[PDB]
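Note: structure shows raltitrexed engaged with Thymidylate synthase.
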Amino acid sequence: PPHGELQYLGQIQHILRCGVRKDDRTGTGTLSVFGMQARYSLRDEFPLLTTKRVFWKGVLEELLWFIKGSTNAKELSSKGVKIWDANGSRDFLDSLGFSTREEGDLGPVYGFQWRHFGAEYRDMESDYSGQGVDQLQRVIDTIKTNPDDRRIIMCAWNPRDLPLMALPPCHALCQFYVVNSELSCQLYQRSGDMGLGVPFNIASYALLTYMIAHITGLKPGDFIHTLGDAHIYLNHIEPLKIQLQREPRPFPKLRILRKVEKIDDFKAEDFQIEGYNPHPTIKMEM
Amino acid sequence: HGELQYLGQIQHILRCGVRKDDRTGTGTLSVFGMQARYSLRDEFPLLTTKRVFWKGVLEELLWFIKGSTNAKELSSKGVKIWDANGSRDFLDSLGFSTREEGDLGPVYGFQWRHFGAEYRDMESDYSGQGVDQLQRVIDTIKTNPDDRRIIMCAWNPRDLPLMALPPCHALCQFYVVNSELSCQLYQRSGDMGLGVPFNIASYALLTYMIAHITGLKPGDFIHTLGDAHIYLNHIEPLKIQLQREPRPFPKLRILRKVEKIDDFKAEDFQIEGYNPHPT
Ligand SMILES: Cc1nc(=O)c2cc(CN(C)c3ccc(C(=O)N[C@@H](CCC(=O)O)C(=O)O)s3)ccc2[nH]1
Ligand SMILES: Cc1nc(=O)c2cc(CN(C)c3ccc(C(=O)N[C@@H](CCC(=O)O)C(=O)O)s3)ccc2[nH]1
Ligand SMILES: O=c1ccn([C@H]2C[C@H](O)[C@@H](COP(=O)(O)O)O2)c(=O)[nH]1
Ligand SMILES: O=c1ccn([C@H]2C[C@H](O)[C@@H](COP(=O)(O)O)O2)c(=O)[nH]1
């Protein structure tokens with residue numbers, strides 16, 4: 001049966017052959033296609049792309065940071081993961097008119113929404129215990145008590161809070177689904193940079209699904225990745241063409257090294273990637 | 001023929017689907033994660049292999065646009081599709097003893113126009129309260145079409161407990177390139193036999209409406225599904241439907257120049273050449 005990574009690579013080829021020129025904020029331009037979908041089996045494999053190295057450490061720490069409900073980019077940065085620092089910098093915050101906001105304060109993004117949806121956001125260091133809806137926990141409780149449910153959804157898109165965010169969410173929502181003891185996940189990603197973010201994003205939700213499957217006593221199933229604006233930035237075309245030349249190697253496995261009862265208890269040390277043999281990384285700027 | 005995609009999806013669920021129970025005890029064949037693409041360029045995707053309830057599509061959309069959450073209002077127009085969820089029994093079953101009959105809570109209309117406002121009842125005044133997502137979409141398409149955030153979201157976790165039915169159409173996104181407006185819908189759960197063809201037509205129509213307001217040509221409608229399923233008692237009738245060769249899609253004519261989305265009326269629309277098979 002074919003390698004799941006051929007779907008992602010298929011999507012790249014499709015955007016190069018059938019994409020349309022489309023401008024963006026940064027003046028760079030993109031080749032863009034609207035509406036794509038790919039399916040990655042999580043059964044005895046983990047979809048961490050091999051044709052280009054994916055920043056695993058960042059995937060893991062960013063997810064743990066989301067789970068804590070943090071929106072402090074400095075916290076994530078302290079762990080050697082710089083992926084949200086440009087958006088939290090004094091410069092970028094001032095350019096959105098957040099002059100009085102502290103450096104690193106990204107607003108009411110992922111962490112805040114997953115745990116405190118609809119609560120009144122003050123600042124990144126504030127107390128929010130019991131405020132808003134804890135979507136992550138509600139998902140977990142529903143999978144345990146009523147797996148056939150077709151409403152197991154986490155949503156980070158909050159129109160009321162948009163004006164306050166440093167970068168409005170790309171993963172607008174995700175849905176879970178359970179059949180024959182297999183947990184699957186679909187992600188609606190409104191906008192996807194195929195060169196940089198998308199492989200990282202695939203790994204984030206693949207990992208989330210492994211985490212929740214473990215908590216709930218289920219086997220990981222599929223991860224479905226659905227895209228809105230799927231695009232390649234023009235200065236990424238050359239490095240992506242190089243990537244298309246490479247034959248994928250087999251996916252690695254993800255081992256979880258102990259029994260964890262609650263999602264808040266997962267630590268980075270609990271996870272181990274086994275057999276990840278990626279080709280040498282190509283720089284893709286942003 | 002774009003309808004071959006929908007029919008393709010039916011066949012895929014029959015051949016590859018899995019037996020799965022649901023709220024109603026009926027059981028389903030189910031697949032998680034599907035996507036289909038329907039060209040809106042000089043055609044309108046109203047399915048021909050089984051008749052779609054056009055009048056209901058149109059009136060339901062106009063009702064969403066007004067911001068209405070009153071099932072009795074929709075019902076008054078001969079469209080009974082939300083009546084069971086607005087009935088007194090059902091309302092009491094969810095612990096809404098003091099809510100009036102027809103009041104579905106903060107559903108579609110409310111969210112599209114007043115997202116995050118404090119919902120009191122269906123007849124209340126909400127002028128200027130919350131976020132008007134529909135208008136913001138329209139204003140963004142006009143001023144900054146390249147934007148990748150043109151989104152309308154009906155999924156509001158804070159308001160879920162108050163709704164009679166949680167939304168199927170969690171969100172939709174718009175996209176503009178070369179003067180063509182496209183729409184993608186994330187539908188968490190889709191009954192391929194009944195709702196899905198109706199739902200395809202609703203968002204296809206929305207896209208035609210907004211394209212008209214913004215001066216753009218309709219492009220694609222992308223339909224993305226979470227739990228795509230057929231109920232077990234629909235298998236035999238759907239197999240009959242798969243036998244029928246689809247006929248070309250009809251056209252949608254808009255019969256006057258309308259400047260604002262709130263001004264569209266049912267009389268403004270005309271389906272031209274719709275030749276569906278007998279149900
Ligand atoms: C155009 C663009 N703008 C962004 O702000 C953006 C942000 C993210 C947020 N995010 C989730 C990530 C940002 C950066 C990642 C990353 O993998 N950084 C590695 C670089 C590895 C590489 O160059 O291939 C790193 O920190 O070194 S992952 C992802 C894609 C984006 N793409
Ligand atoms: C199993 C299921 N339960 C529901 O409650 C349900 C509700 C909707 C809400 N909705 C959006 C609609 C409800 C009814 C429609 C309809 O078009 N009825 C037609 C066709 C009748 C038929 O083919 O048997 C009609 O009454 O004329 S459209 C859609 C699918 C559902 N599917
Ligand atoms: O996790 C993420 C975060 C951001 N992006 C991308 C997509 C776009 O290229 C850009 C987002 O900016 P807007 O779409 O909001 O303009 O960064 C991703 O692909 N994945
Ligand atoms: O516009 C709609 C509304 C409802 N349904 C369906 C799918 C399910 O069969 C049922 C909803 O059940 P839940 O997923 O809410 O449990 O009605 C649709 O297909 N389209």
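The chains referred to below are lettered A, B, ... by the order of the sequence lines, with proteins before strands, and numbering in each begins at 1. Every number for a ligand or one of its atoms is a count from 1 in the order of the listing. When reading the values below, keep in mind they use all heavy atoms of this one structure, side chains included, and skip hydrogens, waters and symmetry mates.
- Counting repeats, the structure shows raltitrexed at ligands 1 and 2.
- Other chains reaching under 4.0 Å from raltitrexed (ligand 2) with at least one heavy atom: B.
- The residues lying within 4.0 Å of raltitrexed (ligand 2), counted on heavy atoms, are B/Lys50, B/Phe53, B/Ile81, B/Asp191, B/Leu194, B/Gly195, B/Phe198, B/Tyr231.
- Shortest heavy-atom distance from raltitrexed (ligand 2) to a UniProt active-site residue of chain B, with the residue named, rounded to 1 Å: B/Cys168, 7 Å.
- As for UniProt dUMP-binding residues in chain B, a heavy atom under 4.0 Å from raltitrexed (ligand 2) is present in B/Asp191, B/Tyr231.
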